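This entry carries saquinavir.
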Number of protein chains: 2
Amino acid sequence: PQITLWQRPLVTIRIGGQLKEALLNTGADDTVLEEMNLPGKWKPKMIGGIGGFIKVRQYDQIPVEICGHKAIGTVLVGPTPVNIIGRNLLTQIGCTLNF
Amino acid sequence: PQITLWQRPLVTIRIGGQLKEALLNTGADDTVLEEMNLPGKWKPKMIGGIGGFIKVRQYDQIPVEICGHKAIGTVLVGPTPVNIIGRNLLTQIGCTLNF
Ligand SMILES: CC(C)(C)NC(=O)[C@@H]1C[C@@H]2CCCC[C@@H]2CN1C[C@@H](O)[C@H](Cc1ccccc1)NC(=O)[C@H](CC(N)=O)NC(=O)c1ccc2ccccc2n1
């Protein structure tokens, strides 16, 4: 589809069997989701942004469905105010910026 | 142009007479540049990111050129790990998300 930027780019995503509201983020390397109890092995990690770093748990090859499209990759989970879908997954659903 | 997301979406911008590199960011509402001197009166503001809140200097109605396209709006200057162009300026140059 085509998404304008007047409003925050919120879309519906399906992960771990649940449907969630995530923000499309060209400015995020990784994908960070609100704390949730996922199955699987996970390594500890530190990621930063404006304001500093926060510790998150890293899960690999997690199947995610973004607005109908299907992708699968790394997902960081932690103390975040919103679900951030980063470039790692955006590339997988053929998403681009145009102006 | 059509920018893919296999690599950080960086672009060259021109502002205050200088050139700086900036990350086109759809997940950001505001535009925050690293600490630099800009003409004009400025007001103290605070913004929150993933790592928390930070203090910034706000400049309104400032002209910015993003890959040749002109935009005029608020620009926040503070201690950020990188220069980011937000939705307030991306909308001005008719930028969208596609896939
Ligand atoms: C600029 C401002 C208006 C304050 N907004 C934002 O920061 C909003 C805030 C939202 C609510 C909280 C959760 C994140 C979302 C999305 N972000 C936008 C979002 O695009 C933000 C922009 C950014 C880019 C580079 C450096 C810092 C910050 N990206 C991020 O926060 C991602 C998070 C991640 N680990 O994937 N960080 C990075 O992509 C990133 C890249 C390089 C870095 C180098 C050193 C230190 C930290 C670095 N972080």
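Chain letters follow the order of the sequence lines: the first is A, the second B, and so on. Chain A residue numbers are taken from the PDB entry; in order, the displayed residues are 1-99. Numbering, chain B: per the PDB entry, residues 1-99 in sequence. We count ligands from 1, going down the list as the structure has it; atoms in each ligand are counted the same way.
The main binding partner of saquinavir (ligand 1) here is, in the terms of the PDB entry, protease retropepsin.
For saquinavir (ligand 1), the other chains with a heavy atom below 4.0 Å are labelled A, B. For saquinavir (ligand 1), the residues with any heavy atom closer than 4.0 Å are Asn25(A), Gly27(A), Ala28(A), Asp29(A), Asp30(A), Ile47(A), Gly48(A), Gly49(A), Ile50(A), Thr80(A), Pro81(A), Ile84(A), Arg8(B), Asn25(B), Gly27(B), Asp30(B), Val32(B), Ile47(B), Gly48(B), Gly49(B), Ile50(B), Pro81(B).
Residue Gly27(A) places at least one N or O, backbone or side chain, under 3.5 Å from an N or O of saquinavir (ligand 1).
Below 3.5 Å of separation, one finds an N or O of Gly48(A) facing an N or O of saquinavir (ligand 1).
For saquinavir (ligand 1), the polar-atom distance check against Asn25(B) finds a nitrogen or oxygen pair separated by under 3.5 Å. Source organism (PDB) for chain A: Human immunodeficiency virus 1. Close contacts of saquinavir (ligand 1) with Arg8(B), meaning ligand atoms under 4.0 Å from a residue heavy atom, involve 41 (C), 42 (C).
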